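So, a structure with PGDM1400 in it.
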Amino acid sequence: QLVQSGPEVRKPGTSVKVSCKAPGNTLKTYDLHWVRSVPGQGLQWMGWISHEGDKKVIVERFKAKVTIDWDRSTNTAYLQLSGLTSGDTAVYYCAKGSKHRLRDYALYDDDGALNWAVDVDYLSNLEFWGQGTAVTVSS
Amino acid sequence: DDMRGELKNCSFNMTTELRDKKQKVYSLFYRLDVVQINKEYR
Amino acid sequence: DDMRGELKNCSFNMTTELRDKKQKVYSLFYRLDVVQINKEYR
Amino acid sequence: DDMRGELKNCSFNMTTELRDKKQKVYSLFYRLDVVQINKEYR
Amino acid sequence: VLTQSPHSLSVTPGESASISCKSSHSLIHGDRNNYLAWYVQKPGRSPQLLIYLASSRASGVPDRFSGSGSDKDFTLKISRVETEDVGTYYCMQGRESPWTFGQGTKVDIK
Ligand SMILES: *[C@@H]1O[C@H](CO)[C@@H](O[C@@H]2O[C@H](CO)[C@@H](O[C@@H]3O[C@H](CO[C@H]4O[C@H](CO[C@H]5O[C@H](CO)[C@@H](O)[C@H](O)[C@@H]5O)[C@@H](O)[C@H](O[C@H]5O[C@H](CO)[C@@H](O)[C@H](O)[C@@H]5O)[C@@H]4O)[C@@H](O)[C@H](O[C@H]4O[C@H](CO)[C@@H](O)[C@H](O)[C@@H]4O)[C@@H]3O)[C@H](O)[C@H]2NC(C)=O)[C@H](O)[C@H]1NC(C)=O
Ligand SMILES: *[C@@H]1O[C@H](CO)[C@@H](O[C@@H]2O[C@H](CO)[C@@H](O[C@@H]3O[C@H](CO[C@H]4O[C@H](CO)[C@@H](O)[C@H](O)[C@@H]4O)[C@@H](O)[C@H](O[C@H]4O[C@H](CO)[C@@H](O)[C@H](O)[C@@H]4O[C@H]4O[C@H](CO)[C@@H](O)[C@H](O)[C@@H]4O)[C@@H]3O)[C@H](O)[C@H]2NC(C)=O)[C@H](O)[C@H]1NC(C)=O
Ligand SMILES: *[C@@H]1O[C@H](CO)[C@@H](O[C@@H]2O[C@H](CO)[C@@H](O[C@@H]3O[C@H](CO[C@H]4O[C@H](CO)[C@@H](O)[C@H](O)[C@@H]4O)[C@@H](O)[C@H](O[C@H]4O[C@H](CO)[C@@H](O)[C@H](O)[C@@H]4O)[C@@H]3O)[C@H](O)[C@H]2NC(C)=O)[C@H](O)[C@H]1NC(C)=O
């Protein structure tokens, strides 16, 4: 299982922080995802930062106001929100999953080396999910 | 009219001065000089 | 019983005539030509 | 005080014995032998 | 972009329901992998996974859940349902970044 920070209430305008912790260090090879769940509006994908540390994809719709960090030493996921508007009043879930790092077009060299490779990675699944943190913004 | 298909642009990838970074280099070639395998050629 | 384990069916990757692609190619190697690092040999 | 930045600790990803896996390898270079593009040098 | 139908469901317990997630792109990388998975959210609970790559269920989910499909047409045929399977269902496509959810299918016991 996973642990998330407790429910939070924030006055709009300032920032909020959410922490997702794994028990000890048993989930390190798996990649990290953040999701949002506006009630009655389905679920949205906040973004992900992978597990090797080579990706930081965050959806552009939330790129400006949302940051996702990972502390290796404590093995802790950090989610920072800045705008904190009425639309952010919802439940944020931390998920641990796995991807498929396929190798697409790659330029081998004459001698047989690997000059470069786009090797774009594909999302496979999100096995482990946090208990969910409710963030309430009230004016 | 006689150049309908007698020249090809044939843009393709290469490695720059650094063997890690990429570079999309475009060129020109004659029809008699490439073979189909848009449509890829070699 | 004599040639048990003295022939290895090894499949691997090779650079083809082009370079943007690679091919999976299988071959037979005598045990005296390969060393362990199915199993990964070199 | 005469070696301020003269020696650069540069690491790269030169291929290992077999031409399929990359290995992180460090070395030292003289500042007259590198050019900037920690930072990136070639 | 992605959608699925029907928007809401109501099936008598003990029967089999089928929901279809309609994509808008290939959803196939080479020829076989179908980077589309199903996620079920129980009421007041974190969503749970049922099947990844639209083919194989994970460890800890029984045989009831079963998804299958190809290209852009994928269906999950939940058979022998009970009171513990009521909730909302979503489909994730990982074929193209950014990866998105669906609009959710709320299943109810009829
Ligand atoms: C120099 O190198 C670059 C690499 O950077 C290379 O770029 C490729 O260019 C080709 C042609 O422009 C692209 O092919 C197009 O792909 C469109 C969708 O791509 C998705 O799928 C990609 C993987 O699928 C390919 O491989 C599988 C398995 O072999 C095969 O089944 C598929 O058919 C396809 O060939 C995937 O890599 C790609 O990922 C991109 O996007 C993600 C998300 O943003 C990003 O994270 C990645 O980094 C990458 O940018 C993407 O997920 C496809 O729609 C398109 O289809 C054409 O034809 C149909 C039918 O005619 C038309 O309807 C359509 O409009 C298109 O015209 C086409 O197949 C390929 O994706 C590029 N690769 C990458 C990594 O970007 C250059 O070609 C090289 N230069 C050369 C060779 O000269
Ligand atoms: C010749 O060249 C080809 C190039 O295509 C190469 O084949 C590809 O090799 C790569 C390298 O392993 C493969 O990438 C892995 O793919 C698996 C999924 O494989 C299944 O599904 C495919 C279809 O998609 C099937 O064809 C295949 O048979 C399998 O059924 C991924 O799951 C792997 O992901 C793991 O590694 C990633 C990094 O590489 C991680 O980011 C990721 O999170 C996964 O982590 C794994 O390891 C963790 C520890 O490191 C562990 O904790 C996790 O739990 C997890 O297990 C990986 O991306 C690719 O599938 C091959 N096929 C194709 C079509 O690309 C040949 O191998 C090569 N021949 C040689 C070298 O001899
Ligand atoms: C030899 O090969 C190895 C692995 O095979 C390489 O090691 C990795 O190299 C990649 C570069 O391709 C590194 O990825 C980059 O890491 C940066 C580290 O940033 C730290 O600080 C920021 C805050 O500023 C934190 O957010 C972050 O988590 C890190 O703690 C990132 O900043 C980079 O992010 C940028 O690029 C990504 C996409 O790549 C974008 O999404 C981001 O927005 C941002 O623009 C990037 O992720 C990776 O860290 C290396 N890992 C290790 C273990 O070394 C070697 O680089 C390679 N060496 C050579 C010479 O080829």
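Every chain is numbered from 1 and lettered A, B, ... according to where its sequence line falls, protein lines coming before strand lines. This deposition comes from electron microscopy, 3.8 Å. Excluded from the calculations below are hydrogen atoms, water molecules and symmetry mates; all remaining heavy atoms, backbone and side chain alike, are included. Part of the entry, not all of it, is on display, and contacts are counted within that displayed part.
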Provide the full list of ligands or chains belonging to PGDM1400. chains A and E
Quick one: what's PGDM1400 bound to in this structure? I mean the chain with the most contacts, named like the PDB entry names it. Envelope glycoprotein gp120
Can you list the other chains with a non-hydrogen atom under 4.5 Å from PGDM1400? B, C, D
Would you mind checking which chain of PGDM1400 has the most heavy-atom pairs under 4.5 Å with chain B? chain A
Hey, what does the PDB entry actually call chain A? PGDM1400 Fab Heavy Chain
